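Below is Beta-lactoglobulin with pramocaine bound.
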Protein chains: 2
Amino acid sequence: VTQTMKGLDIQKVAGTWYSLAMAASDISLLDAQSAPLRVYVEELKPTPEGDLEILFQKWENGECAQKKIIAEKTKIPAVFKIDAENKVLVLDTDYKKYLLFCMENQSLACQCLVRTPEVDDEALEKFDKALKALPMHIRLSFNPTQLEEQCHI
Amino acid sequence: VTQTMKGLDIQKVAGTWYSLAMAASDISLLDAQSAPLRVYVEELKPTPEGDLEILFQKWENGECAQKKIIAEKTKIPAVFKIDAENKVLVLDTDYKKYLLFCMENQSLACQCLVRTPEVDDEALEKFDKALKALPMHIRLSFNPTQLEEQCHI
Ligand SMILES: CCCCOc1ccc(OCCCN2CCOCC2)cc1
Ligand SMILES: CCCCOc1ccc(OCCCN2CCOCC2)cc1
């Protein structure tokens, strides 16, 4: 991934988001509800120190779990670390409407986040252009009804 | 689906094909290996009377089954019936290289077939343009290694 947001202000991505679409390099990363990168973003909480707390939902052991992770800042404003060593990259955002991001170790999953439970064609067009560059083999998108449900059921 | 091949010659789609990509209106139609429209085309055998015999593979009861169905001709050369009542529509083909088709009852799944175990960017570009018109929520594509495996494992 060689697309990062120039001039990202991480404080301005705070608040409510919706995983409108997801894509990944390998089908098994997104195919089942319990697939390991099938994660439904709920909220972004950037720290004063410029780390990024992420609230999301994930299907585990036949139910919709609440999850929290902290993505630690790097010297690049648009790149963050989750290690156990995995990177979060912010590709593009207008803060008000949409945010595109990828998670990578090579394995890769990207999402189109939106602020509201609505299908944003413009945001989906920007997400498809960013994926043109990448070796994706699965792509999912959700309707407004699913966006208001736990784990997009 | 309002895209059909003008002037289809069904005899000329005979022989070997590869399901390079699939898409569907609903995620559950393609998400698991055992998902009901996860079908891997092997061969098309048009009859002299202009019906279309289809050999494909499908994952069922934890294994890769061989399957045969006959799609019966209609008054429209590009449209065929499988009833239990479901339509097969040929969108576009050059006979030599690629064939795009959709199956519909509304539920909808479309494939990009190719003649060889190779990623045909041109064919994938034509498949993405045909899907622009349609309400797809899942899309899959396979690498050359998977295309040579039973059930694309
Ligand atoms: C704008 C930033 C959005 C990033 O949102 C997420 C990034 C990574 C996530 O990871 C969820 C779990 C994936 N990893 C599996 C391995 O252990 C660490 C977590 C979840 C949301
Ligand atoms: C150019 C024509 C290619 C069409 O290929 C197929 C069309 C339909 C298929 O259906 C497989 C099973 C789907 N139906 C489920 C309900 O019962 C009838 C079959 C398989 C290949």
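Lettering: A, B, C, ... assigned in the same order as the sequence lines. Going by the PDB entry, the residues shown for chain A are 3-86, 89-109, 115-162, listed in order. Chain B uses the PDB entry numbers throughout; the residues present, in order, are 3-86, 89-109, 115-162. Side chains are part of it too, since the values below use all heavy atoms of this structure and drop only hydrogens, waters and symmetry mates. Counting convention: from 1, in listed order, for ligands and their atoms alike. According to its header, this structure was worked out by X-ray crystallography, 2.1 Å.
- Counting only non-hydrogen atoms, chains lying under 4.0 Å from pramocaine (ligand 1): A.
- Within 4.0 Å of pramocaine (ligand 1), judged by non-hydrogen atoms, the site holds A:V41, A:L46, A:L54, A:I56, A:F58, A:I71, A:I84, A:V92, A:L103, A:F105, A:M107.
- Residue-ligand proximity, A:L46 to pramocaine (ligand 1), at heavy-atom distances under 4.0 Å covers atoms 1 (C).
- Annotation: atom 14 (N) of pramocaine (ligand 1) to nearest protein heavy atom, A:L39 CD2, 5.0 Å.
- For atom 2 (C) of pramocaine (ligand 1), the closest non-hydrogen atom on the protein side is A:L54 CD2, 3.6 Å.
- Numbered from 1 in the order shown, with element, the atoms of pramocaine (ligand 1) that lie under 4.0 Å from a heavy atom of A:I56 read 4 (C), 5 (O), 6 (C), 7 (C), 21 (C).
- For pramocaine (ligand 1), the atoms sitting less than 4.0 Å from at least one non-hydrogen atom of A:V92 are 2 (C), 4 (C), 7 (C), numbered in the order shown with element in parentheses.
- The source organism field of the entry for chain A says Bos taurus.
- Protein heavy atom nearest atom 11 (C) of pramocaine (ligand 1), with residue, atom name and distance: A:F58 CZ, 3.5 Å.
- There is a protein heavy atom closer than 4.0 angstrom to atom 21 (C) of pramocaine (ligand 1).
- Residue A:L103 has at least one heavy-atom neighbour below 4.0 Å for each of these atoms of pramocaine (ligand 1): 1 (C).
- Counting atoms of pramocaine (ligand 1) from 1 in the listed order, those under 4.0 Å from a heavy atom of A:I71 are 8 (C), 9 (C), 10 (O), 11 (C), 20 (C).
- Protein heavy atom at the shortest distance from atom 18 (C) of pramocaine (ligand 1) is A:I84 CG2, 3.7 Å.
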